[PDB]
Asker: 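Please find one structure pasted underneath; my questions will follow.
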Amino acid sequence: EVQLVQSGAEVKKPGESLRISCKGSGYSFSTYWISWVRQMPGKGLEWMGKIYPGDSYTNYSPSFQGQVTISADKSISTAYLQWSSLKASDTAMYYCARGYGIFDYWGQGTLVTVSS
Amino acid sequence: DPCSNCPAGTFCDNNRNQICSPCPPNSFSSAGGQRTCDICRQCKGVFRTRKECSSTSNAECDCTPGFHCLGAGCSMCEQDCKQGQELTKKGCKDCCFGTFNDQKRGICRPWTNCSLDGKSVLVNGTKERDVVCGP
Amino acid sequence: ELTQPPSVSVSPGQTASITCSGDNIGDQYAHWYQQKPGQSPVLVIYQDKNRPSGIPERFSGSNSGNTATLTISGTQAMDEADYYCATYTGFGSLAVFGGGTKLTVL
């Protein structure tokens with residue numbers, strides 16, 4: 001079976017940097033896009049951007065451009081989402097998903113709690 | 001609970017006083033204790049039969065040639081295109097200039113800009129192949 | 001931008017209609033995701049009208065003009081969830097989710 005397994009919950013302070021991960025297994029990781037999706041508590045899904053891990057080509061939605069960095073290590077079939085300085089408003093669930101418009105597999109989500 | 005006595009391939013109908021009854025043809029039950037036999041999946045159109053269904057296991061599909069699987073158990077089929085193309089609602093369309101696709105599925109993506117990392121272009125890109133960068 | 005009604009409520013057995021409006025969204029493929037509390041989203045409709053195998057046949061979809069519609073006939077309590085429309089735009093290579101619709105069943 002194909003699986004997207006994300007890293008565990010994070011508890012951080014504002015101004016801290018953070019990188020969370022999403023490991024794909026059971027398929028050719030380098031040949032499917034990986035999208036990152038934000039869901040603030042009680043709010044809707046928001047597409048942040050995507051990466052093609054074969055050559056690490058990345059692009060972002062305009063509201064997340066310059067706010068986060070998406071990266072990948074294809075030798076370990078892992079995609080990453082990172083912040084240079086978290087804000088309290090970054091508190092949210094973050095999902096990784098396979099695809100660019102059709103998201104046929106989803107990670108289990110990573111909760112990030114940012115509190116002063 | 002009596003319904004646990006019905007193994008896979010049978011069902012325990014809570015009507016008719018919970019008796020084990022065998023799954024009718026073209027239905028199945030993959031686990032014991034089920035209250036109904038599920039309808040066997042049918043692979044039609046873009047879907048193609050990979051395994052027929054038995055009394056204890058659902059049929060399995062892949063996609064007919066020209067299509068590729070998506071989702072667990074190949075629950076969805078999406079049309080192939082050729083290298084140098086991408087799928088749109090209107091059909092397969094050639095990649096835009098400056099972009100490429102080296103697969104029979106997915107979307108086009110831009111050529112690597114070598115200059116941004118102090119690199120030069122060794123091989124120009126095509127609609128099927130990325131630009132090759134050198135030192 | 002894809003706009004959905006924040007709430008749709010029905011009684012069991014009634015038809016639930018969830019719209020997702022956007023300018024010329026009928027020119028794109030619309031996909032529909034279902035999300036239950038505490039779970040990851042699950043795709044219930046793809047390419048405006050196609051249903052993945054395993055999704056109850058009471059789920060259907062359409063897309064035309066400036067509106068895509070997810071329809072649940074004979075809605076059941078197990079269908080209570082948040083529903084999100086999504087499209088991909090090649091002009092910019094962006095994916096866009098609608099704001100979401102919370103479906104409540106009496």
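In what follows, chains carry the letters A, B, and so on, assigned in the order in which the sequence lines appear, proteins first and then strands, with residues in each chain numbered from 1. The deposited model was determined using X-ray crystallography, 2.0 Å.
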Asker: Name the drug or drug candidate found at chains A and C.
Answerer: utomilumab
Asker: Write down the macromolecule with more contacts to utomilumab than any other chain, named per the PDB entry.
Answerer: Tumor necrosis factor receptor superfamily member 9
Asker: What chain of utomilumab tops the count of heavy-atom pairs below 4.5 Å with chain B?
Answerer: chain A
Asker: Return the epitope residues of chain B for utomilumab, heavy atoms under 4.5 Å.
Answerer: B:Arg41, B:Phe47, B:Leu70, B:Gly71, B:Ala72, B:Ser75, B:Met76, B:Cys77, B:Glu78, B:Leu87, B:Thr88, B:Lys89, B:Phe100, B:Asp102, B:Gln103, B:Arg105, B:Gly106, B:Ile107, B:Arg109, B:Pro110, B:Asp130
Asker: Any chance you could tell me the paratope of utomilumab for chain B? Cut-off is 4.5 Å, heavy atoms.
Answerer: A:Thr31, A:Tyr32, A:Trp33, A:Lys50, A:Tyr52, A:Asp55, A:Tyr57, A:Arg98, A:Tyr100, A:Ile102, A:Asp104, A:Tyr105, C:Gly26, C:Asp27, C:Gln28, C:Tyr29, C:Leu43, C:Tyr46, C:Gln47, C:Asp48, C:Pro52, C:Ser53, C:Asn63, C:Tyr88, C:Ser93
Asker: Short version: PDB name of chain A?
Answerer: utomilumab VH
